[PDB]
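Below is one structure, written out as structure tokens; the observations come after it.
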Amino acid sequence: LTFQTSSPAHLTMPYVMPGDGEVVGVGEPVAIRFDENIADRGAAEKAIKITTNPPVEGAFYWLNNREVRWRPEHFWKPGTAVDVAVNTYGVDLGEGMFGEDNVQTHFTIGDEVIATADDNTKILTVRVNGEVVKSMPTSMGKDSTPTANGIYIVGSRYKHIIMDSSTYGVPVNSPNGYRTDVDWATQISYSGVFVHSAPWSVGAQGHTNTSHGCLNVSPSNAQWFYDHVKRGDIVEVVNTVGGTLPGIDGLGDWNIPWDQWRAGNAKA
Ligand SMILES: *C(=O)[C@@H]([C@@H]1N=C(C(=O)O)[C@@H](S[C@@H]2CN[C@@H](C(=O)N(C)C)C2)[C@@H]1C)[C@@H](C)O
């Protein structure tokens, strides 16, 4: 143990996800987010030791200047134990910025839970370890505001949340603007896509797309999703008229092809 002297305005703290001791889904990447921009990505990666059991090949990819992710080529095998040692204390992270402390977390992978939202059938089907446990009618984004296709990682969940168009730069008082109370909302993208309760589209669920891009389901089905789907589980959207979710979204990691992810984006 060696003390690292510091100087105000030249320290950055790492924050690691998922939580210590947590059980997460098969899509959960290791995430290390710093409270400052990181100039020397190579130094940061060198200081982070991720080990797995059973062992699988994984690699780092930076979503932006603040946050690096680590994942394998394919979804985790259930039961896998993951250990994360962020040994950044005193590490020069570039441009006079030094790691403020170390962090050490461990987590495990739970059941394989993959929910497929098929735009052609307008059914969201939840499969746990391969078996269908739930089929829910859904209404996705209308043609002018479609839901993006791709693999989404399940994030946070809310019993209630406010959808306010003003955080998207759109005044509430201008159709395309809105201030919506929503129950049972499960986040699937940082950009703001959720699976949530939508009593106002129950007639369209299973039939037509009427949403702004979110996956509208019934109140009971949304609560079910809130109760039974956890961080790191997967929602795959297929067959919409939209494009693909950006790989750097925050929950879109799996949309980046393995060869690109593995090659990384730290200087050679
Ligand atoms: C759920 O319906 C939310 C709604 N869904 C989306 C989405 O699917 O992207 C956004 S709509 C916004 C309009 N312009 C789009 C854009 O800038 N890009 C890059 C695709 C997104 C919004 C969060 C909300 C109504 O709860």
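Here chain A follows the PDB entry, giving residues 141-408 in order. All heavy atoms count here, side chains included; hydrogens, waters and symmetry mates do not. Counting starts at 1 for both ligands and their atoms, in listed order.
As for ligand 1, the drug there is meropenem (bound form). The name the PDB entry gives to the main binding partner of meropenem (bound form) in this structure is Probable conserved lipoprotein LPPS. For atom 13 (C) of meropenem (bound form), no protein heavy-atom neighbour is found at a distance under 4.0 Å. Looking at UniProt's substrate binders in chain A, a heavy atom closer than 4.0 Å to meropenem (bound form) shows up in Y318, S331, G332. Most residues of chain A touching meropenem (bound form) map to the UniProt domain L,D-TPase catalytic. Atom 11 (S) of meropenem (bound form) has as its closest protein heavy atom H352 O, 3.8 Å. Within 4.0 Å of atom 7 (C) of meropenem (bound form), at least one protein heavy atom is present. Per-atom contact check: atom 18 (N) of meropenem (bound form) does not touch the protein, criterion being a heavy-atom distance below 4.0 Å. Taking each of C354, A338, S284 in turn, the one with a heavy atom nearest to atom 3 (C) of meropenem (bound form) proves to be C354. Relative to meropenem (bound form), the closest UniProt active-site residue in chain A and its heavy-atom distance to 1 Å are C354, 2 Å. For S331, the heavy-atom gap to meropenem (bound form) drops under 4.0 angstrom. There is a covalent bond between meropenem (bound form) and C354 SG. Of the protein's heavy atoms, at least one falls inside 4.0 Å of atom 24 (C) of meropenem (bound form). For atom 21 (C) of meropenem (bound form), the nearest protein heavy atom lies 4.0 Å away or farther. Residue nearest to atom 9 (O) of meropenem (bound form), selected from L355, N356, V377, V333: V333 (by heavy-atom distance). When non-hydrogen atoms are compared, meropenem (bound form) lies under 4.0 Å from the side chain of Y308 (C-beta onward) but not from its backbone. For meropenem (bound form), the atoms sitting less than 4.0 Å from at least one non-hydrogen atom of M303 are 26 (O), numbered in the order shown with element in parentheses.
When non-hydrogen atoms are compared, meropenem (bound form) lies under 4.0 Å from neither the backbone nor the side chain of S305. Neighbouring residues of meropenem (bound form) under 4.0 Å (non-hydrogen atoms) are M303, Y308, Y318, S331, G332, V333, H352, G353, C354.
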